[PDB]
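Note: structure shows dequalinium engaged with Hypothetical transcriptional regulator IN QACA 5'region.
Order of sequence lines = order of chain letters (A, B, ...). Sequence positions for chain A are given in the PDB entry numbering; the residues included correspond to 2-187, in order. Note that chain B carries the PDB entry numbering, so the residues on display, from first to last, are 2-187. When a ligand or atom number is given, it counts from 1 through the structure's own listing order. We read in the header that X-ray crystallography, 2.5 Å was used to get this structure. Computation of the quantities below employed the complete heavy-atom set of this structure, encompassing side-chain atoms and omitting hydrogens, waters and symmetry-equivalent molecules.
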2 protein chains.
Amino acid sequence: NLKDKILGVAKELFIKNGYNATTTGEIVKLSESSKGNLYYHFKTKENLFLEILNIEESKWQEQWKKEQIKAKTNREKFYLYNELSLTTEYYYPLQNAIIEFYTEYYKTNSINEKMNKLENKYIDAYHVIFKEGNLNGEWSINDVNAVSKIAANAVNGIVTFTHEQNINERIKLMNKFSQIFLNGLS
Amino acid sequence: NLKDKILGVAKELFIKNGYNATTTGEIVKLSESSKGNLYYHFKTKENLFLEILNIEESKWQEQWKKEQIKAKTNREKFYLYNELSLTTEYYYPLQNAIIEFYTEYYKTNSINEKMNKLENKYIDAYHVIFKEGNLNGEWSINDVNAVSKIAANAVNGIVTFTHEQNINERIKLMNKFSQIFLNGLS
Ligand SMILES: Cc1cc(N)c2ccccc2[n+]1CCCCCCCCCC[n+]1c(C)cc(N)c2ccccc21
């Protein structure tokens, strides 16, 4: 494909280097397409990156729906989602690139809108789990949105800031975190 | 002292122009030193920057040592340290150079090793709060080292990935997080 091999080489570059480290020159010299091509579907470079995120959050959310069956209670789904978070090949590997990205486009207005459209997708899985768990009598959260937002970011914190220590050490901490947290809700 | 003039000047240069754009030549001339002296004390730009981070971590510890006295109990120190990490990062000028430097050097083991020492010093403050809270009966935690690493990265996530929200909402969520988490310990 064309408008799909771009998105591919781009994802690979944003991860391998960083957001700025990868230039449109590079994406082209390895995705072979005149500068203009990258201009139709993808208006700007911040469009191509914001595009990659959407796909990634979708592939990830999709992977979780196909794996969440292995958890019977919402309590178990919480532990599971946070554990799988450390291993997916989806979305989470772009978090550094996203931190970089936001530091260099937070002076524009169309940024806080798109970076907040994704926010809703990103915390959705937690919203389901906490609401569904309210319905299933697993706990009683008065402010579901607040808690989903906290859970999502705290977890994104664990996944992102421990990216060097042995993987099983990380799963261990994440489980202790999921424990402290749900225990905190009831 | 010349070493300190070099560090002071380099810090300001990194802040005004960012990590990559600052040249050691600028650092050399503006501090009235030499490539030789700079090489002698730091070996490289990356090292210089890491040394600056060291000093910054120490000033931060000193500031905390003076601030925590406002918080009688450890439950309070925890609430306060988490709020301080969120509010003071909003206007910490080196933050930008820091993002730029990390999301570009976490691949090297030389650098990522030294960064971990820094990170570990930040985590220590949680260790102290948690150990001290044990000896005071504020809670009973059997795995202080672990809970400390979890708290630190959870908080960093909340501080780091929540930037699009309004400042009061972020402070509301950080406190709710502190409340949930401290409640999950008992
Ligand atoms: C004085 C002073 C004054 C303040 N008002 C202040 C305010 C807020 C914070 C520190 C402050 N300090 C001093 C602060 C010194 C901070 C030194 C930090 C070193 C390490 C960064 C580690 N790191 C890791 C592990 C993992 C990541 N994925 C990652 C991603 C992006 C960026 C960094 C990353």
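- With heavy atoms closer than 4.0 Å, the chains neighbouring dequalinium (ligand 1) read A, B.
- Considering both main-chain and side-chain atoms, B:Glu58 never comes within under 3.5 Å of dequalinium (ligand 1) through any nitrogen or oxygen pair.
- Here is the list of dequalinium (ligand 1) atoms found below 4.0 Å of a heavy atom in A:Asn97: 28 (N), 30 (C).
- Shown in contact with A:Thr161 at under 4.0 Å from a heavy atom are these atoms of dequalinium (ligand 1), numbered in order with element: 28 (N).
- Looking from atom 32 (C) of dequalinium (ligand 1) to the surrounding protein, the closest heavy atom is B:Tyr103 CB, 3.7 Å.
- Summary of contacts: the protein heavy atom closest to atom 3 (C) of dequalinium (ligand 1) is B:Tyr93 CE1, 3.4 Å.
- Among protein heavy atoms, atom 8 (C) of dequalinium (ligand 1) sits closest to B:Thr89 OG1, 3.4 Å.
- Lab note: binding site of dequalinium (ligand 1), heavy atoms under 4.0 Å, is A:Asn97, A:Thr161, A:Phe162, B:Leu54, B:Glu57, B:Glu58, B:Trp61, B:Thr89, B:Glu90, B:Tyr93, B:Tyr103, B:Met116, B:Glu120.
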